[PDB]
Amino acid sequence: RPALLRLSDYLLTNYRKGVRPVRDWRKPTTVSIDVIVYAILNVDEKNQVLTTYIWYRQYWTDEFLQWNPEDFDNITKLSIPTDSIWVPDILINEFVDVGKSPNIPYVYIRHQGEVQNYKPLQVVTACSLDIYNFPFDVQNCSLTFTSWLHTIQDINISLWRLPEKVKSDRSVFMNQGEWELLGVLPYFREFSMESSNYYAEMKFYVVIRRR
Amino acid sequence: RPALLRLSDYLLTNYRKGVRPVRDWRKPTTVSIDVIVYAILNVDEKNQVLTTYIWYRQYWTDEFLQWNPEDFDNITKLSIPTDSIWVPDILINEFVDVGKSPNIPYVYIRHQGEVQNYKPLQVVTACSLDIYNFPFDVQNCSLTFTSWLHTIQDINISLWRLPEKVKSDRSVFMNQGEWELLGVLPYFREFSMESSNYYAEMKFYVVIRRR
Amino acid sequence: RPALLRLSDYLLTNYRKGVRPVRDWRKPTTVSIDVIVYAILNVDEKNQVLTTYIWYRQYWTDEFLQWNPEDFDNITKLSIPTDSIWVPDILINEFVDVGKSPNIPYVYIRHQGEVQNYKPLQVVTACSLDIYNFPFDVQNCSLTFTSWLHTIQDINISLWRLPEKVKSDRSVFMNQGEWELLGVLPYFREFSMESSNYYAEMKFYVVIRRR
Amino acid sequence: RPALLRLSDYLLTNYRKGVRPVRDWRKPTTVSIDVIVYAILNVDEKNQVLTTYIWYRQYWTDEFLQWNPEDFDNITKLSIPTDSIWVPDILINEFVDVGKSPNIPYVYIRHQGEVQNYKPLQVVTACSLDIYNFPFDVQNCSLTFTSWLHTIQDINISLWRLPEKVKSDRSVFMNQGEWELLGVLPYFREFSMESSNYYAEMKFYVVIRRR
Amino acid sequence: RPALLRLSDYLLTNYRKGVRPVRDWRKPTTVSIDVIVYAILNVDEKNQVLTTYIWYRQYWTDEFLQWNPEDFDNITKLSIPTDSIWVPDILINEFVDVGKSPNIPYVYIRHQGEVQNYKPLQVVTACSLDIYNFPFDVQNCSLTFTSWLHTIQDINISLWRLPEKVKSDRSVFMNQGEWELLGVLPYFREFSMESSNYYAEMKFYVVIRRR
Ligand SMILES: *[C@@H]1O[C@H](CO)[C@@H](O[C@@H]2O[C@H](CO)[C@@H](O)[C@H](O)[C@H]2NC(C)=O)[C@H](O)[C@H]1NC(C)=O
Ligand SMILES: *[C@@H]1O[C@H](CO)[C@@H](O[C@@H]2O[C@H](CO)[C@@H](O)[C@H](O)[C@H]2NC(C)=O)[C@H](O)[C@H]1NC(C)=O
Ligand SMILES: *[C@@H]1O[C@H](CO)[C@@H](O[C@@H]2O[C@H](CO)[C@@H](O)[C@H](O)[C@H]2NC(C)=O)[C@H](O)[C@H]1NC(C)=O
Ligand SMILES: *[C@@H]1O[C@H](CO)[C@@H](O[C@@H]2O[C@H](CO)[C@@H](O)[C@H](O)[C@H]2NC(C)=O)[C@H](O)[C@H]1NC(C)=O
Ligand SMILES: *[C@@H]1O[C@H](CO)[C@@H](O[C@@H]2O[C@H](CO)[C@@H](O)[C@H](O)[C@H]2NC(C)=O)[C@H](O)[C@H]1NC(C)=O
Ligand SMILES: *[C@@H]1O[C@H](CO)[C@@H](O[C@@H]2O[C@H](CO)[C@@H](O)[C@H](O)[C@H]2NC(C)=O)[C@H](O)[C@H]1NC(C)=O
Ligand SMILES: *[C@@H]1O[C@H](CO)[C@@H](O[C@@H]2O[C@H](CO)[C@@H](O)[C@H](O)[C@H]2NC(C)=O)[C@H](O)[C@H]1NC(C)=O
Ligand SMILES: *[C@@H]1O[C@H](CO)[C@@H](O[C@@H]2O[C@H](CO)[C@@H](O)[C@H](O)[C@H]2NC(C)=O)[C@H](O)[C@H]1NC(C)=O
Ligand SMILES: *[C@@H]1O[C@H](CO)[C@@H](O[C@@H]2O[C@H](CO)[C@@H](O)[C@H](O)[C@H]2NC(C)=O)[C@H](O)[C@H]1NC(C)=O
Ligand SMILES: *[C@@H]1O[C@H](CO)[C@@H](O[C@@H]2O[C@H](CO)[C@@H](O)[C@H](O)[C@H]2NC(C)=O)[C@H](O)[C@H]1NC(C)=O
Ligand SMILES: Cc1ccc(Sc2ccccc2N2CCNCC2)c(C)c1
Ligand SMILES: Cc1ccc(Sc2ccccc2N2CCNCC2)c(C)c1
Ligand SMILES: Cc1ccc(Sc2ccccc2N2CCNCC2)c(C)c1
Ligand SMILES: Cc1ccc(Sc2ccccc2N2CCNCC2)c(C)c1
Ligand SMILES: Cc1ccc(Sc2ccccc2N2CCNCC2)c(C)c1
Ligand SMILES: *[C@@H]1O[C@H](CO)[C@@H](O)[C@H](O)[C@H]1NC(C)=O
Ligand SMILES: *[C@@H]1O[C@H](CO)[C@@H](O)[C@H](O)[C@H]1NC(C)=O
Ligand SMILES: *[C@@H]1O[C@H](CO)[C@@H](O)[C@H](O)[C@H]1NC(C)=O
Ligand SMILES: *[C@@H]1O[C@H](CO)[C@@H](O)[C@H](O)[C@H]1NC(C)=O
Ligand SMILES: *[C@@H]1O[C@H](CO)[C@@H](O)[C@H](O)[C@H]1NC(C)=O
């Protein structure tokens, strides 16, 4: 048997995707996320919505999906389908349409149990867009990523990179459109409405000025 | 075996999603629902439809999905996929398009058997919108949630919160659009057309005035 | 074991959805249908199409899905997923878009073997719409429901209610739009093009006049 | 056991849908197709596309799905789900959108092994539409059906009916639109680009003149 | 047992689609791709997007899906469903909508282990389109195909045909639209943002001038 097949069997034959992948239920599943703005397709002042094509990546730890490499031909990482493992329900609020995003089949996994998921997002979000300064307008729209259902005691959200490095990330931006990206400011806040439930969310402010 | 995996097996290995989860078929499955209006994307007088982005949550009791925590490391609640359990067919009438709503994967479950389902709704509804008072227009559109198929003797609908607390809920409203939300008035009515079938539905009147 | 679970097992453990549910293949599967027009969202003279939101219900007999109640705690009816049983391919011709219709999960079943399926239809149909009498225009569009593949010797279509009761059914119509519903006239005809195949279809004429 | 269930088991318990249904791999799977134009919803000169609602039927021989009727209560034909058998990938080129077409569940099968599949097509195709003779314009758009992947040595395409009978088929046309159908001319051609691969396709020219 | 069924069983009974199909994990899975532009449906300067209907084909080697023909009636190639085998996540960046593309069921396979996948692409891409030379405008938009997740050490991308033959391929172009295709220039580049990850992508520049 080839090493990859042996490892895949050893991992997925005694694993089920329903449960949150933690040995002890008393510990939360920390998720680190990152956002890169690839393009700004449309900014609609009439409908107060804008479309952003952003490259989204996140990683978390599956305490069940870990192995010792020397028993599997020193395999340090491998790829398996995303639908064969637990995936956090980290969803962006303020959304109005996300169906344009294709579902990526595979996710990378490392022998420590770390899972890396890279996916694109074609999300259109609803936010306030004023046209007061039309000729030299500057807009401030926000993306907030949250564990839709799980509370902070189950899922917590953190940054993959340092805040300043992602705040000034124009490395892959399509810098030839009507809008110019000034920054992507992150922000962490604990959101709570009921008297006992706290949810963790991460707000990304996309700052853009017309040209 | 970790506690979460043991509990998930104990629950789902002797459970099937087809049946209504009640020990005695003679008792109805009471469902408590709540509605929060997150935004009002569009109000179309031409087509007599308006779009509402509302946060919808509901809970019910699965008499099969219950356990004693002290046998499972004092696990009081856990999350499992929504497609692995019975889910009421509580659907909003007056709808014209609901495909924009993403399907949430997970639902919370408590050791009493209570199931909590949080999901977003991007529903567009058809209702009468008059433009008689255009400059200072005030509209009155309704959302009615009902068990589409099940009668009252199988599924009944109630309120999660007290009516007055939800009638004046503007806690998460996007209060920067063309429309302002004055209230969300609930109302319970038994709907019957045939001589023997009674269905339970809950009408939510979204009252909005232009600005 | 609770009665519902016992009945569900007894029914679905020795049943498969591929075959037409009849003890003798020589007899057709009679399907009784009913149509209620809930609203008329749009009437497009330019594209010669109109949209109708109609509440559709049908019932048929599954000779396999029958039981004696006294052996199952006097259970006279129960609900199971629609995708777990055979469902007739009764489709409306003249259609141009039906994707807006959500798939209802459950269907009611009675101990006689009768299956009841309630579903909504957001169908848009192509029909001739003349604008000759625009100010006082009256239109006559038709919906024809047929077993798309099965011939009359396999599937036959009948009316749930008497023709006159459904011809004057405005009980749930949204009577506040641009169009007023005058009647829904049914009609049964045997449709045949090849020299040996006869198909049963039921035409519903929706008569509407502008206002 | 009823005859239908016995036959369905006998057929599908020793059958798998992946392979091409032929006893000898050296022989091609001949597919006979037919096209009937039910309506011409739209002809867009701006985008150079037109929409045709056509009734499509095809049949082929499954050498595995055959039986002797006298062993199954003289059952000469039966219906089973289309997703439970092999189906040719006969796809129409020149297409721009086909998602509007619903997937038909069932297909008829005869004891000889013949499979009959009736399905509707809401395809919109891209073809050259000149507006030179606008007031009395006559257009000539084509539909070409081909085995997308399989070569002629695996799948071949033929006509169900004689060419002249289908060339003058206006039997179910919606003859009340802006366009009138003059004929549907078939044509068979072997398409080859690589030095060794030949693919069989059937071109249907829909001839229409404005009115 | 017929040869095709024997081969399909021998192949797929000891094979799983999760893993990358290589005997040794230390070697990358080289993928050869080709692009043919069938039509240019729309070029939108307003939204800075253009739609291209391109015929896409690719092939790779599955080291598990190989056999010796003389043991299977000299079967040199056969077709099996695409969802039953591993398929590279080679996705086109710069995309804005790909849902229009239908999923092809089957893929060809040869006894060496080579897998051939032919599929159509209805992708709309976002690229800079200037209207400076409107009457005689010439545009330069790019398609870049990459292994979305897998690095170069896992998936590498190459050309099926020689660059010059594909650079001057107008063999199936719909040469009757508003735009004329001057060439499809390929280009290979190793894309890297993190300090250790290198991804292989292939850029195809579609050069078009108005007429
Ligand atoms: C959830 O994650 C956030 C972000 O990682 C945590 O917030 C940080 O916590 C550390 C340590 O307590 C502080 O030094 C930082 O100042 C906090 N803020 C940020 C922006 O990093 C939070 O404590 C975590 N909560 C739980 C329950 O895990
Ligand atoms: C866009 O909005 C964000 C959030 O309100 C602004 O970020 C804050 O700016 C204030 C300015 O005094 C700072 O004190 C805060 O520390 C900032 N918060 C974060 C999380 O960075 C941002 O400045 C706004 N941009 C524009 C152009 O108005
Ligand atoms: C279905 O639920 C509704 C709402 O919970 C019930 O209506 C209430 O019933 C209680 C007790 O009979 C009354 O005190 C309330 O006045 C009723 N109305 C409201 C708005 O709460 C109804 O009785 C239930 N029916 C069944 C069959 O369970
Ligand atoms: C919107 O419509 C609802 C339902 O008709 C109104 O709610 C009712 O208002 C009347 C006013 O006399 C009260 O007597 C009822 O008790 C109310 N019913 C409920 C369930 O609250 C509402 O007032 C309307 N709003 C506007 C602005 O017209
Ligand atoms: C298919 O069903 C239709 C409608 O139920 C049948 O047509 C009726 O048949 C009865 C009895 O023969 C007549 O009294 C009615 O006048 C017919 N028309 C209507 C509108 O009810 C038809 O006979 C059935 N055919 C088969 C083969 O079952
Ligand atoms: C709409 O069309 C239907 C079908 O042509 C009409 O129904 C027929 O009307 C004629 C009038 O003489 C009657 O003789 C038939 O018996 C009717 N058939 C059925 C099945 O009811 C209907 O009258 C038309 N409505 C309008 C307003 O023109
Ligand atoms: C594929 O099918 C086509 C159409 O049935 C075949 O073309 C016909 O072949 C017959 C017999 O050789 C000729 O008499 C006809 O003139 C051909 N054309 C038409 C339009 O019928 C073709 O030979 C078949 N090829 C294979 C390899 O099966
Ligand atoms: C539409 O195009 C088709 C294909 O070019 C035409 O069909 C051909 O017409 C020529 C006319 O001389 C004949 O010689 C060919 O035999 C025809 N081929 C087939 C397969 O029938 C058709 O005439 C065109 N129609 C119009 C109105 O221009
Ligand atoms: C990935 O594939 C590319 C293209 O096949 C390789 O690039 C070529 O490599 C060969 C041999 O090293 C050179 O002769 C060519 O000049 C390279 N460029 C092109 C355009 O062919 C690349 O080496 C491969 N890398 C890996 C790690 O497999
Ligand atoms: C479209 O853009 C491509 C990429 O920039 C151009 O291709 C390059 O053209 C330059 C011209 O000096 C050559 O030196 C490069 O070798 C070309 N690269 C490749 C990969 O072919 C192309 O010329 C542009 N076309 C137009 C009409 O502007
Ligand atoms: C009173 C109240 C309680 C809870 C909430 S929150 C919420 C409500 C319904 C559906 C989903 C949610 N969310 C939970 C955490 N993740 C984001 C969405 C509100 C608004 C009011
Ligand atoms: C005469 C008559 C009988 C019953 C109804 S109800 C209905 C009808 C068809 C399809 C669905 C329903 N519903 C059932 C309960 N849940 C809401 C929808 C009518 C209108 C007339
Ligand atoms: C000559 C001829 C034969 C049969 C038909 S019918 C048809 C044709 C193709 C696809 C579907 C159908 N249908 C069968 C019964 N159910 C409605 C659709 C025609 C038009 C011509
Ligand atoms: C050089 C060349 C070779 C083959 C073709 S064909 C093709 C190409 C890519 C994807 C699909 C196809 N097809 C195969 C047969 N069925 C229709 C589509 C071309 C154009 C050029
Ligand atoms: C700092 C940085 C690191 C990596 C990338 S890449 C990327 C990021 C998120 C999601 C997907 C990707 N991709 C990986 C390779 N395949 C194409 C997409 C960037 C932009 C910045
Ligand atoms: C795995 O790595 C260890 C440490 O580098 C080495 O000793 C061993 O030989 C390696 N085994 C294989 C199969 O490469
Ligand atoms: C569970 O809770 C009970 C009551 O608080 C306690 O006595 C027991 O030690 C707990 N067990 C674990 C494993 O935490
Ligand atoms: C079922 O109904 C019969 C007849 O009414 C009655 O005699 C019997 O006691 C019932 N059984 C149960 C369990 O309700
Ligand atoms: C089947 O058909 C044959 C020939 O017509 C006949 O002899 C036989 O009795 C039939 N069997 C049944 C069960 O109808
Ligand atoms: C397979 O091919 C070999 C070599 O051409 C030949 O000797 C053998 O007879 C063939 N077998 C069959 C079954 O065709």
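Order of the sequence lines sets the chain letters (A, B, ...), proteins ahead of strands, with each chain counted from 1. Looks like electron microscopy, 3.3 Å, at least that's what the header says. Remember, it's 1-based here, ligands and their atoms both numbered in the order they're listed. Basis for what follows: all heavy atoms, side chains included, without hydrogens, waters or symmetry-related copies.
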Top contact chain of ligand 15 - most pairs under 4.5 Å, the PDB entry: 5-hydroxytryptamine receptor 3A
Which listed candidate (mavacamten, zidovudine, vortioxetine) is the molecule at ligand 15? vortioxetine
Would you mind telling me which other chains place a heavy atom less than 4.0 Å from vortioxetine (ligand 15)? A, E
Hey, could you tell me which residues sit within 4.0 Å of vortioxetine (ligand 15)? Heavy atoms only, please. A:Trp55, A:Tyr56, A:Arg57, A:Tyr118, A:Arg161, E:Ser147, E:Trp148, E:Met193, E:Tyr199
List the source organism for chain A per the PDB. Homo sapiens
